[PDB]
Amino acid sequence: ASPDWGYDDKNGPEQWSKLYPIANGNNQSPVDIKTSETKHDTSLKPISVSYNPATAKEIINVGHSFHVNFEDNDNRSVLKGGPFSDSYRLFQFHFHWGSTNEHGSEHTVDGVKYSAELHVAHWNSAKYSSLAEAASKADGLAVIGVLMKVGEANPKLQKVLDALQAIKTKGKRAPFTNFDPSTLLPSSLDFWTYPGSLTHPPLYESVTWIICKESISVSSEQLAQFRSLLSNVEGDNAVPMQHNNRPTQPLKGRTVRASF
Ligand SMILES: CC(=O)/N=c1\sc(S(N)(=O)=O)nn1C
Ligand SMILES: [Zn+2]
């Protein structure tokens, strides 16, 4: 239980349950969003993101992916509105991609898989005292997912792509400062929401998902750069981060609410 899970045949998503029984839970993520079955909730408020760029701290290779971490000792960068009554503190953003540029997202819409997906995660600092605590509670986290569709290159990604040079292998880290992740969100913030979980181990069912209706672009060459990062530690044989997406999971009676 100290660790070893992956995205390969051997320790991949279809095997995770032998180690983490919650993989077969009732609130697993991601899911397929059937637009004809969502329900308009008039109580939903517009989402309000207020991030401080000086809160950007570092970028690190974690082997299965890379994370962009933020200082979360204060409420300098918060997520408000939507379905929530309390403020959520920003802590990180990361991406998910596939082995092909066409299909790599986690969530799907009407049975359609996007190229990639951006996740902006927050934790309930109004209720818990640390991310470690919140991480396992039902109302513990809030993640904004933004679907990515291959086409024209997205210049808003450049600073992230540039930083990838310094964290080529697992365990490498570098300072990553003065950046506001809201610059990556689509122009409209109409969304879908549903209760779910972390999409990789530990798979806790502690996330309130916010999926933006509108997608963002990325070219195939930008994606190729994600796919060029290595999962091995410095000095060993090269093993590229080919994919890190989980298949969609049974909805099991949950409701996907729409803000429109
Ligand atoms: C604590 C935490 O943020 N964990 C993560 S965030 C995450 S995700 N992909 O955003 O659902 N998956 N996991 C394992
Ligand atoms: Zn994620």
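Throughout, residue positions are numbered sequentially from 1 according to the sequence presented. The figures that follow rest on heavy atoms only: side chains count, while hydrogens, waters and symmetry mates do not. Atoms within each ligand, like the ligands themselves, are counted from 1 in listed order.
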Give the PDB name of the drug at ligand 1.
methazolamide
Please provide the name that UniProt uses for the chief contact partner of methazolamide (ligand 1).
Carbonic anhydrase 1
Which neighbouring ligands or ions fall closer than 4.0 Å to methazolamide (ligand 1)?
ligand 2 (zinc ion)
Does any N/O atom on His200 come nearer than 3.5 Å to any N/O atom on methazolamide (ligand 1)?
yes
Using heavy atoms and a 4.0 Å limit, tell me yes or no: is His94 in contact with methazolamide (ligand 1)?
yes
What do you reckon, does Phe91 put a non-hydrogen atom under 4.0 Å from methazolamide (ligand 1)?
yes
Which UniProt domain in chain A is home to most of the residues around methazolamide (ligand 1)?
Alpha-carbonic anhydrase
Tell me the protein heavy atom at minimum distance from atom 2 (C) of methazolamide (ligand 1), and give that distance in Å.
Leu198 CD2, 3.9 Å
Can you check whether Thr199 has an N/O within less than 3.5 Å of an N/O in methazolamide (ligand 1)?
yes
Report, in ascending order of atom number, the atoms of methazolamide (ligand 1) lying under 4.0 Å from any heavy atom of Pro201.
14 (C)
At a non-hydrogen distance cut-off of under 4.0 Å, which region of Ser29 contacts methazolamide (ligand 1) (side chain, backbone, both, or neither)?
neither
Counting only heavy atoms closer than 4.0 Å, does methazolamide (ligand 1) sit against the backbone of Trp209, its side chain, both, or neither?
side chain
Pick out, from the UniProt substrate-binding residues of chain A, those with a heavy atom under 4.0 Å from methazolamide (ligand 1).
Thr199, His200
Methazolamide (ligand 1)-proximal atoms of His96, by part, heavy-atom distance under 4.0 Å
side chain
Got a sec? Which UniProt active-site residue of chain A is nearest to methazolamide (ligand 1), and what's the heavy-atom distance to 1 Å?
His64, 6 Å
Report the overlap between the UniProt Zn(2+)-binding residues of chain A and the residues with a heavy atom under 4.0 Å from methazolamide (ligand 1).
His94, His96, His119, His200
Okay, next thing: residues with a heavy atom within 4.0 Å of methazolamide (ligand 1) - which are they?
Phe91, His94, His96, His119, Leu198, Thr199, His200, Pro201, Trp209
